[PDB]
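Structure note - meropenem (bound form) present.
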Amino acid sequence: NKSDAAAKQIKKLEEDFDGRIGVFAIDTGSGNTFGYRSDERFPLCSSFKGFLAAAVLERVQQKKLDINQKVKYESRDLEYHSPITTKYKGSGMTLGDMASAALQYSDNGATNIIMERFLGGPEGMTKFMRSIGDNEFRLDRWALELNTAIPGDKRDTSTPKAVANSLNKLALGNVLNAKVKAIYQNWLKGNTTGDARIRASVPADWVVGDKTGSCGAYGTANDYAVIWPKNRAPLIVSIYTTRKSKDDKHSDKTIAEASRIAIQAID
Ligand SMILES: *C(=O)[C@@H]([C@@H]1N=C(C(=O)O)[C@@H](S[C@@H]2CN[C@H](C(=O)N(C)C)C2)[C@@H]1C)[C@@H](C)O
């Protein structure tokens, strides 16, 4: 019945903005879950950088890469929205600093470079996801081309459920060892682009790590988070939104509100 009411509220919240909300949330402490449209597909946008950072950390763990290796790119034409990589064009960044820049600032330069040299491109990223048992994720195109968010296009989509599951496996599970998992946890905690999303849905005492995405088309936006509540087991919250018209703008407020509803549903 708690479930059924949470769902009516998402239903209404989506009609209010003329769009389409996908929700999955997990209380790791009880196993309780809430999903609404949790098996529908939605554009990832930048949200895949969260996973991309994880794949980097898996390669570091496997000893294929070193976390402090220098990454030089002094002749690159840096993609738009490369706020961190721009400031070190001349000197390069450590692999680790670069990966975290990709997560924490949605830096497209960091993203595309990492995917070029270390990850085998979009197919390699899809391969990583498969390898932790995520069958829904697909990345098709590179950082700046994956944002078209066209209704009915499976390219560069996942589902709220798959995203949530993957996040749990990565941020809380055993894909990454204790040391490496903690690093990844801190990277998520230091996300700078999520203040109006899932962060705005919880008491300010709770610690959140997250990755956002904003397609800038079809008013498509999303956020997924691990949440550490006061003296309580972790929650995972996954929220994805699209809108009916190409020109529509995304809605932080809707995302924050669907998060509130989702957290209550599993509470
Ligand atoms: C991917 O989705 C795109 C980038 N990732 C974003 C995000 O994480 O939500 C968006 S919004 C971006 C956050 N930094 C900018 C900012 O601080 N404001 C202008 C205030 C906006 C971002 C476009 C993109 C890289 O493809």
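By the PDB entry numbering, chain A shows 1-267, in order. Counting convention: from 1, in listed order, for ligands and their atoms alike.
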Discussion item. Can you help me out? I need the name, per the PDB entry, of the chain with the largest number of contacts to meropenem (bound form).
Written reply: beta-lactamase
Item to complete: State which residues of chain A, listed by UniProt as binding beta-lactam, have a non-hydrogen atom closer than 4.0 Å to meropenem (bound form).
Response: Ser46, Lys49, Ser106, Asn108, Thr212
Discussion item. I was wondering, what residue and atom holds meropenem (bound form) by a covalent bond in this structure, if anything?
Written reply: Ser46 OG
Worksheet item: For atom 10 (C) of meropenem (bound form), which candidate among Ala196, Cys215, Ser214 provides the closest heavy atom?
Response: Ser214
Worksheet item: Which UniProt active-site position in chain A is nearest to meropenem (bound form), and what heavy-atom distance, to 1 Å, separates the two?
Response: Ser46, 1 Å
Worksheet item: Which organism is cited as the source of chain A in this PDB entry?
Response: Serratia marcescens
Fill in: Polar contact flag for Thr212 and meropenem (bound form) (N/O pairs, less than 3.5 Å)
yes
Discussion item. Quick check on contacts: which atoms of meropenem (bound form) are under 4.0 angstrom from a heavy atom of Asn147?
Written reply: 26 (O)
Fill in: meropenem (bound form)-proximal atoms of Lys49, by part, heavy-atom distance under 4.0 Å
side chain
Discussion item. Working on a figure here: which residues of other chains come under 4.0 Å of meropenem (bound form) (heavy-atom distance)?
Written reply: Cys45, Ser46, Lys49, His81, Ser106, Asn108, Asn147, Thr193, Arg197, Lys211, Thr212, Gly213, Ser214
